[PDB]
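Farnesyl pyrophosphate synthase in complex with risedronate.
Each sequence line gets a chain letter, starting at A and going down the list. Chain A uses the PDB entry numbers throughout; the residues present, in order, are 10-353. Using the numbering of the PDB entry, the residues shown for chain B are 10-353, in order. Values below: every heavy atom of this structure, side chains too, minus hydrogens, waters and symmetry copies. Numbering of ligands and ligand atoms starts at 1, following listing order.
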2 protein chains.
Amino acid sequence: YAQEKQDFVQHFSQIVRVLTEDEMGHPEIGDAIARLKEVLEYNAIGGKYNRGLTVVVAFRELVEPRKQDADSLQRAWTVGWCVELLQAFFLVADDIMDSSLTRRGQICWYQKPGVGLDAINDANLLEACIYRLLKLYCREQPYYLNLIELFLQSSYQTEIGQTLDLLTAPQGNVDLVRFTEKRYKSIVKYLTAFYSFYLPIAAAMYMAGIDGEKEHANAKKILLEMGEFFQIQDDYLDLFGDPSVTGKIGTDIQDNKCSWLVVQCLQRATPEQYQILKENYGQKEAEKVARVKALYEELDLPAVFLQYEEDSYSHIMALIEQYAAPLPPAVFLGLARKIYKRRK
Amino acid sequence: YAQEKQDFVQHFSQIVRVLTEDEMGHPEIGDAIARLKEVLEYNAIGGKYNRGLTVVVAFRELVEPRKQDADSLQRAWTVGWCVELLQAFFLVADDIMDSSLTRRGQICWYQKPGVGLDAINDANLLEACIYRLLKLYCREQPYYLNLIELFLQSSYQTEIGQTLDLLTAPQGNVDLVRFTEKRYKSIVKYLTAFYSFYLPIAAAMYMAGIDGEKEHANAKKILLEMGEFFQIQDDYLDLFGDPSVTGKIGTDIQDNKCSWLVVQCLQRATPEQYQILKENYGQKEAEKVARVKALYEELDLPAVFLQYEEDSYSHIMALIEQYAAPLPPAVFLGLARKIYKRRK
Ligand SMILES: O=P(O)(O)C(O)(Cc1cccnc1)P(=O)(O)O
Ligand SMILES: O=P(O)(O)C(O)(Cc1cccnc1)P(=O)(O)O
Ligand SMILES: C=C(C)CCOP(=O)(O)OP(=O)(O)O
Ligand SMILES: C=C(C)CCOP(=O)(O)OP(=O)(O)O
Ligand SMILES: [Mg+2]
Ligand SMILES: [Mg+2]
Ligand SMILES: [Mg+2]
Ligand SMILES: [Mg+2]
Ligand SMILES: [Mg+2]
Ligand SMILES: [Mg+2]
């Protein structure tokens, strides 16, 4: 797996080179292009590259090796990097809105001295780079428009998910009544499940020439369920994770977020425990945040998570057995293995 | 002209209706859709609608009236509203980054209590709505991909212009040496000239089936020059404009912006006057901002602007005479008339 990763990261230098080549033809925007490189180098590198690697691995498993030529394989890891750019755009913006401190083992881009809210445009430039690369490498391809629409839809989906997340998590207002299982499943479906799990497999499918409605609908049933689990896992790691491993500091309690943990807490809270949560949740005070963590540990939520993860993996495996065909089960199995029991 | 405007604004209620119809099929995202309507109602309404109206007026002048059917005309004002959505996205984001107080006669969306930096996602949703409308009304059209790429390119262009603007205007740092005419022309070309003047005429050209490289290149020569003047006019109105008319408070001096006014000031400043500008520019202090305004008025920059506007209009008119053909000169003349001597 570490060999798959290294080949993918080795292509980033050319991705930057092609995206910052504009300085030759237009020396006037030289500084802007130099800032884009700085934004690319900081915000697209450091992660696990699960989405980008999924595009590359799913492409090799869906396309016949006699068809996988040098150009065809370059297009596959360029689209992989396009998904990594979509990730970069989403995270730079989300770290501002969530008032987060760290990302991928370093300070958040907006928290850097000399950046600040300029990071909003930087996030937008990262998004702009997807369509630049799609045009430079896939314009003459039959799946060109299908990939453009798939990335556009992925953006709208996450942004609607982001609207739901932000409306359920108001700063200064107690929203315990909206923290339900039905609300949670609606948020994470749009917010994470589509771009993190459906988008990479669907992009590799369109590139393989699998554009069928039924085929895409079947992959979606598995992948949207995989995405729900991945977000539940991220919600657990925000509180019970190790920041040296995760590369980020948790803010869900301070930010009044509709975390899977608070949904589970409210399902098992006594009237007394509900007031402890009402009085201490969604506030900046360290002592208040510590009080909520103590209640989660008291309701044995880390073990509730361990049981969920076991039942969830068995459900996703049952979904692979039901809907994988005619695609190789390894397509969905490889991604499932890379996220199950994850600590990063 | 006021009759052209009223018909265009009357179509906004249907634009909202089609974009917020998702609540029927998906009641789970109801609140998110309700927030999108609130974002659309606040941020896409209030302006002069020059870009949206340009798409509609240029379409009727380029397409034969026997071909202008009910569906064909609906597609024209939908693409007009798509340009107004691109404007909304840019302004919501720019008002955060510029730390502006008002927009279109009301408080900035991000300055609204309960909104704040959530406005970043709201800006992104406005951008998402362009491609939603392009898909719902122009997917079966021969110019579909051409319009998608034209809006994508318009975004990258403005965002690169925005990178240049923000890098030349650092908070806390004296950047008088970079405030040159060559730097100014580079910023506003990418930042404003492409999306505000080229994008509306080019979209109406593609819809009329005029996709020729030479035809688009010729319109670009006129329109990019028109855009340079429009930004110069906006830079003048930031200081010498009336906020009841403009609907916005100026921040260029406080924000250390490479304004056309500071470029002209530095070209006419004595060594003594240069130090007055160096000591008082780019700071929040009201007295410091007032000192810079006094120097501009002392160098007679409002009259320097009046002479520029006269020479600029004659240059753009000469460009219409050179490059309008085979397009009707009214296409470029109508837009020129709507921005020349502007106070809004
Ligand atoms: O990495 P983070 O900040 O923990 C997160 O997962 C980031 C994110 C951004 C956009 C879409 N989905 C997740 P969040 O939702 O704020 O918990
Ligand atoms: O409306 P504003 O804020 O005066 C402006 O024109 C807004 C704007 C946003 C995006 C592109 N071009 C202009 P700016 O450049 O900040 O002076
Ligand atoms: C969808 C959510 C959970 C955001 C972060 O995802 P990752 O955990 O995949 O972050 P990176 O690997 O890209 O750094
Ligand atoms: C390109 C710049 C100068 C931003 C504002 O343009 P407008 O003056 O056209 O603003 P609205 O009419 O859309 O409100
Ligand atoms: Mg976050
Ligand atoms: Mg978030
Ligand atoms: Mg999280
Ligand atoms: Mg501004
Ligand atoms: Mg600005
Ligand atoms: Mg201005």
Inset, instruction - Report all copies of risedronate by ligand number or chain letter. - result: ligands 1 and 2
Legend entry - Other-chain contacts of risedronate (ligand 1), heavy atoms, cut-off 4.0 Å: A
Legend entry - Contact check, A:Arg112 vs risedronate (ligand 1), heavy-atom distance below 4.0 Å: yes
Inset, instruction - Check whether any N or O atom of A:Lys257, backbone or side chain, sits under 3.5 Å from an N or O atom of risedronate (ligand 1), and answer yes or no. - result: yes
Legend entry - risedronate (ligand 1) near UniProt Mg(2+)-binding residues in chain A (heavy-atom cut-off 4.0 Å): A:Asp103, A:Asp107
Legend entry - Nitrogen or oxygen atoms of A:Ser109 and risedronate (ligand 1) under 3.5 Å apart: no
Inset, instruction - Among all protein heavy atoms, pick out the one at the shortest distance from atom 13 (C) of risedronate (ligand 1); state its residue, atom name and that distance to 0.1 Å. - result: A:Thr201 OG1, 3.6 Å
Inset, instruction - With heavy atoms under 4.0 Å as the rule, classify the contact between A:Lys266 and risedronate (ligand 1) as side chain, backbone, both or neither. - result: neither
Inset, instruction - Give the residue, atom name and distance (to 0.1 Å) of the protein heavy atom nearest atom 15 (O) of risedronate (ligand 1). - result: A:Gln240 NE2, 3.7 Å
Legend entry - Distance-only N or O hit between risedronate (ligand 1) and A:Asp103, under 3.5 Å: yes
Inset, instruction - List the source species for chain A given in this PDB entry. - result: Homo sapiens
Inset, instruction - List the closest protein heavy-atom neighbour of atom 11 (C) of risedronate (ligand 1): residue, atom name, distance to the nearest 0.1 Å. - result: A:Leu200 O, 3.2 Å
Inset, instruction - Name every other-chain residue that has a non-hydrogen atom under 4.0 Å from risedronate (ligand 1). - result: A:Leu100, A:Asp103, A:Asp107, A:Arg112, A:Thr167, A:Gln171, A:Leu200, A:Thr201, A:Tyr204, A:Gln240, A:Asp243, A:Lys257
